[PDB]
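Entry with polythiazide: notes follow.
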Amino acid sequence: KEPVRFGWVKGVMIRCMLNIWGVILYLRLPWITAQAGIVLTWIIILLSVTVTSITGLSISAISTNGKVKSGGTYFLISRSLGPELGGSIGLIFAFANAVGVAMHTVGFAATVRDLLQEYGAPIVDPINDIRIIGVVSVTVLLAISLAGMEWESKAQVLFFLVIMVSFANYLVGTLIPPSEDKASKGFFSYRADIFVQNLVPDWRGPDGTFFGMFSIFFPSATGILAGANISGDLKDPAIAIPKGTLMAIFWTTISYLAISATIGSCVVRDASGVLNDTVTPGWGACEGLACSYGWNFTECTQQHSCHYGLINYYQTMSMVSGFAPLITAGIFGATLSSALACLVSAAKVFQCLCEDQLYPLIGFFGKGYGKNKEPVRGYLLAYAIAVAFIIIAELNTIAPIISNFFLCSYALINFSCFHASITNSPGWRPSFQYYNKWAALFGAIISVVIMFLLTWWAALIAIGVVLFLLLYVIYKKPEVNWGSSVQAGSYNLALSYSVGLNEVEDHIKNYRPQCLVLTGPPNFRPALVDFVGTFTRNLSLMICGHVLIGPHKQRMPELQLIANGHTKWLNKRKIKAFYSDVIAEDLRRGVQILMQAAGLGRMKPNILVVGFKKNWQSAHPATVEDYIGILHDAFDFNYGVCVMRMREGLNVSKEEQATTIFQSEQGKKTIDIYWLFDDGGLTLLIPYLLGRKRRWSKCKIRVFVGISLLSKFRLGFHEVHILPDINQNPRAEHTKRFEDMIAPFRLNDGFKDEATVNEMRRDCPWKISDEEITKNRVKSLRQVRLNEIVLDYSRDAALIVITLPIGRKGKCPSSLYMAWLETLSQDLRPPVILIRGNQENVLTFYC
Amino acid sequence: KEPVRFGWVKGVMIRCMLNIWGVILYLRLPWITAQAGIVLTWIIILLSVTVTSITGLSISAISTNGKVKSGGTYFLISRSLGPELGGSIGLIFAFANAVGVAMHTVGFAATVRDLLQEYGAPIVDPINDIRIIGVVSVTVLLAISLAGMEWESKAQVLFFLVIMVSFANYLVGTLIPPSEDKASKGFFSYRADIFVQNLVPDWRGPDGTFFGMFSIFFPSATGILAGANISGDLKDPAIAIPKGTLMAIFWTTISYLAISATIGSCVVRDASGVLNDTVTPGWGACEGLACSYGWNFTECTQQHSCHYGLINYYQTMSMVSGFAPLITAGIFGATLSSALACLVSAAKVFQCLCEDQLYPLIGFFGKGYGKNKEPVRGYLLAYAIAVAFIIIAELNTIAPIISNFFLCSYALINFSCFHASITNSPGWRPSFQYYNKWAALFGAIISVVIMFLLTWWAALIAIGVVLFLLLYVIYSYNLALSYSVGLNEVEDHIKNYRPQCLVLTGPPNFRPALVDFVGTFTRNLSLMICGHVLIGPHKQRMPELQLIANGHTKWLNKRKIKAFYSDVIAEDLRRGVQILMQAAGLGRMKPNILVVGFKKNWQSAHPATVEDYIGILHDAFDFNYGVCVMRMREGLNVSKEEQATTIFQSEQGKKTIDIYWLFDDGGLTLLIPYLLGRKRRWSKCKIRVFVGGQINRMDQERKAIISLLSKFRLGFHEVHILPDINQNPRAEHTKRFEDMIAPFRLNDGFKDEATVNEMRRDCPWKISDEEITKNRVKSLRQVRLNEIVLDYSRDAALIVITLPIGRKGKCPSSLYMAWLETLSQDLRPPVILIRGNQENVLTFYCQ
Amino acid sequence: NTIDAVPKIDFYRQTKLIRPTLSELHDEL
Ligand SMILES: Nc1ncnc2c1ncn2[C@@H]1O[C@H](COP(=O)(O)OP(=O)(O)OP(=O)(O)O)[C@@H](O)[C@H]1O
Ligand SMILES: Nc1ncnc2c1ncn2[C@@H]1O[C@H](COP(=O)(O)OP(=O)(O)OP(=O)(O)O)[C@@H](O)[C@H]1O
Ligand SMILES: CN1[C@@H](CSCC(F)(F)F)Nc2cc(Cl)c(S(N)(=O)=O)cc2S1(=O)=O
Ligand SMILES: CN1[C@@H](CSCC(F)(F)F)Nc2cc(Cl)c(S(N)(=O)=O)cc2S1(=O)=O
Ligand code: NA
Ligand code: NA
């Protein structure tokens with residue numbers, strides 16, 4: 001009792017041929033032959049099937065790259081292009097099918113109306129018949145659709161047999177020698193003179209032009225997607241869709257080519273239809289080929305007023321036939337089958353669009369009833385939308401809008417095969433190899449050129465609705481991840497441009513501040529993220545380091561989940577930063593690994609920004625040694641450093657995004673820069689880049705000095721000063737404050753040999769000897785003295801930037817250098833940044 | 001010197017006044033009022049000014065968001081929608097102004113010519129007099145404009161005064177009681193019955209339509225951006241622009257309403273113009289309303305043959321007014337002010353474009369004289385375009401094309417505001433009270449509707465020129481970085497898996513075979529990095545080190561290998577390869593495969609080096625990496641002009657690729673050869689897959705494997721089966737294995753694990769006897785599988801065997817190296833030993 | 001489990017017989 005699955009004949013080919021075949025076979029193809037001649041009609045047919053052949057190749061390539069499921073064509077396009085461009089146009093495909101149901105039931109109601117009028121009495125006026133008949137027949141179609149998916153197939157094969165009987169009837173009729181009723185109306189069976197005369201065009205009327213015939217034929221060679229829209233009922237779609245679609249195209253094209261060339265070799269363009277017009281001996285000389293076959297249509301031809309023949313009578317194909325009502329049965333089948341195919345297609349596509357929740361308020365229609373989970377709620381919606389348009393009943397102006405909703409799907413079926421094939425992601429590997437990448441682009445271009453040629457003001461409606469529904473999904477971010485070629489183009493393009501940096505040398509004219517930020521977990525201290533993402537956005541690189549302190553190195557896959565949870569926090573704050581974490585047994589070695597290996601070619605960090613050890617007085621003195629060693633390692637690797645201190649600390653750990661002070665307008669405060677060393681120009685470059693943004697543009701920056709030097713860079717610097725007095729004894733309380741803060745790090749050895757001091761300094765290298773204290777007294781006094789000047793001139797600034805001191809390695813221990821760093825920036829309101837470049841010409845240009 | 005600035009009255013409001021004032025105020029509002037009445041002319045005016053006031057709200061919300069130079073009107077489009085649309089729209093907006101200069105100048109030349117022909121004689125042809133006067137006038141306007149922006153701002157206040165004296169002239173003329181001549185043309189003073197008559201439409205002529213009057217008025221109400229194009233010369237652009245711009249619109253629309261409603265109460269719609277219509281009693285009755293004042297106007301009213309009146313005479317204001325030449329003066333001012341305002345706005349935008357760094361299309365025009373900071377080379381471009389279009393003198397067929405350029409600008413400005421406000425862009429945050437994004441979206445929709453309502457074929461040329469420019473400009477560091485940060489939002493799917501590699505290549509010119517092999521399947525597909533570890537104690541980053549790194553990059557680029565280069569410093573090789581695995585890369589472009597060479601001389605090297613060589617693979621497996629080990633007969637190292645040539649640089653031909661797929665590793669062992677065969681040198685190579693299985697299920701398993709490889713779409717040719725995989729090898733091959741595991745054998749009897757560790761702590765690479773006995777079958781399997789491989793794959797182009805992995809702590813590093821040596825010896829072709837990380841890299845599905 | 005697995009169809013389907021993780025064939029037991 002498993003649900004029934006279909007083969008390729010009964011499931012794809014029959015459905016596609018029934019959909020393609022319409023009424024233009026029976027009521028307009030002979031007239032097109034009469035107008036344009038045989039040769040130009042064949043050219044119209046071939047130009048028309050080129051587009052739908054290229055689209056068949058594209059949709060055959062798409063559906064042989066995986067396992068196709070119960071979604072139809074929306075499934076293919078959306079899983080090969082993405083939710084934006086797939087869900088924008090899976091909603092107009094499903095609507096255009098629902099209204100094509102109505103526009104194929106109207107064409108059957110008109111035929112029944114004509115049949116009833118010319119036999120007896122009609123029901124009502126000749127427009128409300130179109131309503132009664134159409135509404136009653138769309139209901140039997142709905143009952144067939146709801147009755148199961150194995151009764152739809154029986155109806156389709158019945159319609160197919162009816163159409164083939166029609167073809168046989170016509171082709172038998174064109175061979176019987178003509179009768180009097182038929183030869184008077186123009187039909188003289190196959191002749192060479194009536195075929196040669198009828199090759200050349202003979203245009204007559206307002207719409208008798210080449211483009212006026214193309215515009216009639218082309219929308220009837222379309223509809224090739226019907227059998228691909230039941231992907232969820234086929235045994236193996238990856239082998240059933242490419243065969244069915246392409247053989248349906250081939251065989252319907254052969255049918256179109258045979259009908260025209262056969263009708264145009266038997267029927268003459270002008271004929272009168274009066275049995276008295278048989279030729280009379282001695283009636284001078286007459287007009288036309290029909291004079292040889294013994295008929296006389298001179299008067300008609302001349303006065304231009306005869307009502308029969310290939311170019312005047314629309315049912316020429318019904319009188320050539322051996323029996324007339326069989327052609328009417330063929331016309332019934334050719335319309336009912338297309339209506340049923342559209343009704344099934346719309347409700348299969350809409351259910352899949354409603355299960356993938358991209359749009360609001362339409363979930364209700366995705367429920368599946370019964371064992372095959374048929375869309376019972378989608379059939380009723382397509383039924384309501386079809387009845388609403390049947391009641392309008394004059395759809396001569398709504399047809400161009402709908403026929404352009406279907407050429408906009410043709411342009412995205414062809415863009416899906418062009419994009420997937422030029423992106424070339426490992427993983428796109430289709431079984432169907434008989435397609436091209438440039439033909440699939442020509443198809444996408446020409447389906448829009450044709451869209452505009454057919455009707456300029458309906459192409460606009462199509463494209464406008466496509467844009468509206470595209471932008472809704474773009475602004476909604478529906479969080480679905482199906483492998484898509486747009487997702488695979490981002491990597492292609494990132495790699496393509498990143499490699500291209502290798503072709504450019506290292507120069508002095510392209511310095512950029514590329515910084516490595518030691519944040520730990522980014523949300524534990526977002527102030528660093530904000531400060532650094534202010535001045536480096538859209539200009540250079542920014543990496544957020546993180547060291548996972550611990551004895552086991554093993555990248556179990558759990559780690560990737562945490563890393564992706566930290567990489568989305570930075571994507572939500574709209575920070576343009578990378579995230580990188582490493583494993584090491586202590587923080588110094590993790591930082592050293594990040595400094596050695598991170599980056600990619602020429603895009604690698606050259607500045608190290610790190611917070612400040614707020615708790616260095618309480619923590620075990622083994623941590624201070626490694627903290628200072630980090631800065632020493634940065635200076636050894638030829639980096640530049642920045643130490644950032646805030647009064648309240650940076651670690652906020654001790655949902656919603658937290659807010660810091662670097663996200664807000666500063667005002668008309670000042671940025672104070674204490675330029676004490678010609679480090680190269682980083683100390684002056686960080687505030688110049690920072691203050692040029694909107695939030696800091698209303699501040700004036702006042703560089704101090706320990707005039708023509710600052711001029712040549714064109715840094716736009718406001719004030720220049722001279723520090724009052726840097727080397728004098730400060731107040732005794734400040735000196736004792738420095739002296740007692742460092743005392744718990746003192747060795748108390750009087751004065752001894754340096755080796756002897758090292759003998760007990762080996763176990764604790766952070767101990768300070770009295771000789772080291774004595775021989776670095778002036779510098780310590782300078783550090784304690786400059787704090788008072790900073791307190792004076794910068795009580796109420798918005799940012800203070802001071803030159804960073806360097807302790808002589810070996811002769812300056814860790815605790816004393818850390819005390820210096822503590823004593824240049826204690827008790828200050830603003831953020832304080834201590835910078836020192838790496839002796840490189842930085843200001844050699846603007847940035 | 002001191003740069004000149006302007007307030008809001010003289011800098012924004014006056015400019016927008018004079019830009020909006022046109023000839024329509026003088027020559028066509030009386031006609032429109034007669035043709036459509038008062039109450040419906042008011043509707044036209046209000047509907048027209050709604051669009052311009054919504055765009056004014058948008059353009060004044062942009063000005064309270066930062067500060068912009070002159071002509072940065074497009075800078076928001078290029079910030080919100082990319083600097084391609086922005087640049088193209090800026091170029092079109094400047095060109096349209098440059099042509100508007102020509103249109104206003106010829107409109108002034110027509111008036112002066114028609115005045116001159118009356119009071120004198122025309123020296124030359126009517127058409128050429130236009131081409132002389134227009135060129136002279138544009139030259140004089142350029143001379144005024146190019147000589148400072150203080151003189152232009154004085155001329156454009158003289159124009160304001162001339163217009164305001166004409167308003168007073170007209171309004172004092174309407175109050176004087178009519179003269180005998182003036183009443184003979186239609187003028188009677190303000191009176192109620194004429195006002196009541198004229199409240200309702202009276203359509204006459206081929207243009208008497210509501211839309212026929214809208215299409216004439218609406219393009220005469222735009223010009224509100226004349227004050228926002230000089231935001232760089234304003235004193236306070238965030239308070240001056242929103243107020244001046246929005247008050248100018250109000251004060252011009254009040255004037256339009258006042259003039260229409262005050263001339264509608266004043267004249268009659270038609271009048272004879274002859275003085276001999278004195279009315280006397282006796283001749284019938286009077287047919288009209290003018291007879292109540294003593295004038296017979298029946299001669300025209302029945303025959304439609306009078307040349308005066310409100311609906312027939314275009315120059316009614318010249319006679320209603322108390323003095324005629326002042327209205328001519330008003331027209332002169334109203335035209336020259338518009339021409340000047342269009343000439344300065346074109347220069348500002350062209351200069352901003354030529355100075356733009358993100359749009360070089362037209363950045364090479366000329367050298368500009370910035371001594372007085374004038375846009376000289378933005379003035380000489382507008383002057384040339386204006387003079388060309390004046391000489392052409394074809395206008396009325398180019399007016400709609402250029403009226404739609406401005407509406408394209410309006411639509412994209414409003415949509416850029418909406419887009420930046422809906423996507424919460426970080427940097428769009430205006431401070432303007434009355435700004436709503438839904439109004440800024442209605443403005444865009446309406447600006448696009450009106451384009452196609454006014455002239456449909458000129459809105460398809462305006463759009464088709466934006467797309468020509470946009471697609472012509474689309475087709476190093478700033479692109480490498482903006483695309484790498486864009487990868488952070490895409491998620492990872494199994495369909496887009498890329499094999500990124502870390503090649504342990506040393507100096508890339510000691511083993512070119514490794515780089516040649518790995519740069520074959522990763523070319524244009526995925527990341528490749530050439531690692532190098534410099535063994536030495538802690539070493540200073542040095543200038544020479546970067547010189548060496550540049551030399552190796554140059555060598556790589558000369559060979560046209562598309563790879564990155566990276567080197568680290570470490571105490572030994574293993575501890576540096578860990579650094580490279582942990583930190584190399586950038587974001588989502590980080591390696592996940594490790595490629596090494598074969599330790600060719602492990603037999604004779606110091607057995608502590610094989611410990612580290614195997615530890616490298618152990619660490620790779622610890623980090624979730626895939627491993628490839630490559631072997632050649634003659635070794636990889638070639639150190640033992642022209643670059644060296646390997647066998648991977650030549651066409652392989654018809655030989656085969658043999659994949660001994662023995663264990664399921666997720667499919668990397670199948671996906672490396674597939675990508676290798678996607679390239680031109682390996683595309684003619686047959687691929688054979690050998691799998692192991694039983695002897696009673698040869699077919700049952702062969703069909704299953706063929707079915708599996710067909711759902712992956714890989715396209716491999718044969719599938720063989722190996723049933724003799726568990727036999728014993730030949731005796732003299734087992735002996736060859738066991739004599740090689742001898743120097744590494746512990747010979748400890750059979751002791752507990754503690755006793756083994758006792759003598760294995762110093763050397764951990766030796767093999768206990770228990771580990772010899774428990775690894776007997778696993779080892780003879782390698783010995784026999786080598787026999788099978790050498791049996792089948794004697795003359796292939798590439799052999800691929802799945803790599804065994806030994807349990808950490810149950811396989812000493814000499815046993816595992818012995819297995820690796822056994823699997824691949826005595827073979828001619830290159831041998832690759834792949835082993836993925838047990839995660840799927842291949843998929844059946846598409847979702 | 002503990003021993004490596006020969007190629008098989010069930011490892012790639014979506015719906016038992018899960019291939020061992022790299023930590024199960026490599027980490028010390
Ligand atoms: N696990 C880590 N990973 C990366 N960087 C770190 C880590 N721990 C500390 N850092 C860096 O070192 C700086 C100072 O070290 P310290 O441990 O004193 O900071 P903290 O005390 O954690 O936070 P705060 O400085 O706000 O009190 C930190 O601000 C941070 O920049
Ligand atoms: N300095 C290095 N940096 C990175 N990888 C290396 C380095 N030295 C060796 N390797 C990798 O290890 C493999 C084996 O190294 P080995 O010491 O055996 O050198 P070899 O010349 O390749 O072989 P052999 O020394 O046995 O002739 C090499 O092929 C290479 O891939
Ligand atoms: C005959 N049809 C023509 C357009 S004729 C104009 C019209 F009346 F339709 F507006 N195009 C398609 C295309 C497809 Cl692809 C499908 S279908 N069911 O495969 O998806 C159905 C049709 S059609 O039935 O509408
Ligand atoms: C009256 N003008 C109409 C165009 S109607 C005449 C036509 F061009 F169609 F031939 N629109 C605009 C728009 C702007 Cl924005 C500006 S301006 N200086 O602010 O940039 C100037 C003008 S206008 O003065 O040319
Ligand atoms: Na049909
Ligand atoms: Na003007």
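Proteins get letters first, then strands, A, B, ... in listed order; numbering begins at 1 in each. Order of appearance sets the numbers: ligands from 1, and atoms from 1 within every ligand. Just so you know, these numbers use all the heavy atoms, side chains as well, and skip hydrogens, waters and symmetry mates.
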Check your understanding: Which parts of this structure should be attributed to polythiazide?
Key -> ligands 3 and 4
Exercise for review: State what polythiazide (ligand 4) is bound to in this structure, picking the chain with most contacts and naming it per UniProt.
Suggested key: Solute carrier family 12 member 3
Point to revise | Other-chain contacts of polythiazide (ligand 4), heavy atoms, cut-off 4.0 Å | key: B
Check your understanding: Which UniProt-annotated chloride-binding residues in chain B have heavy atoms closer to polythiazide (ligand 4) than 4.0 Å?
Key -> B/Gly223, B/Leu225, B/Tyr410
Review point. Numbering from the N terminus as UniProt does, which transmembrane segments of chain B have any non-hydrogen atom less than 4.0 Å from polythiazide (ligand 4)?
Key: 1, 3, 6, 8, 10
Check your understanding: Which residues lie closer than 4.0 Å to polythiazide (ligand 4) by heavy-atom distance?
Key -> B/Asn19, B/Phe93, B/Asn97, B/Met103, B/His104, B/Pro219, B/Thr222, B/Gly223, B/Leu225, B/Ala226, B/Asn229, B/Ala341, B/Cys342, B/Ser345, B/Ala399, B/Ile402, B/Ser403, B/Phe406, B/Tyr410
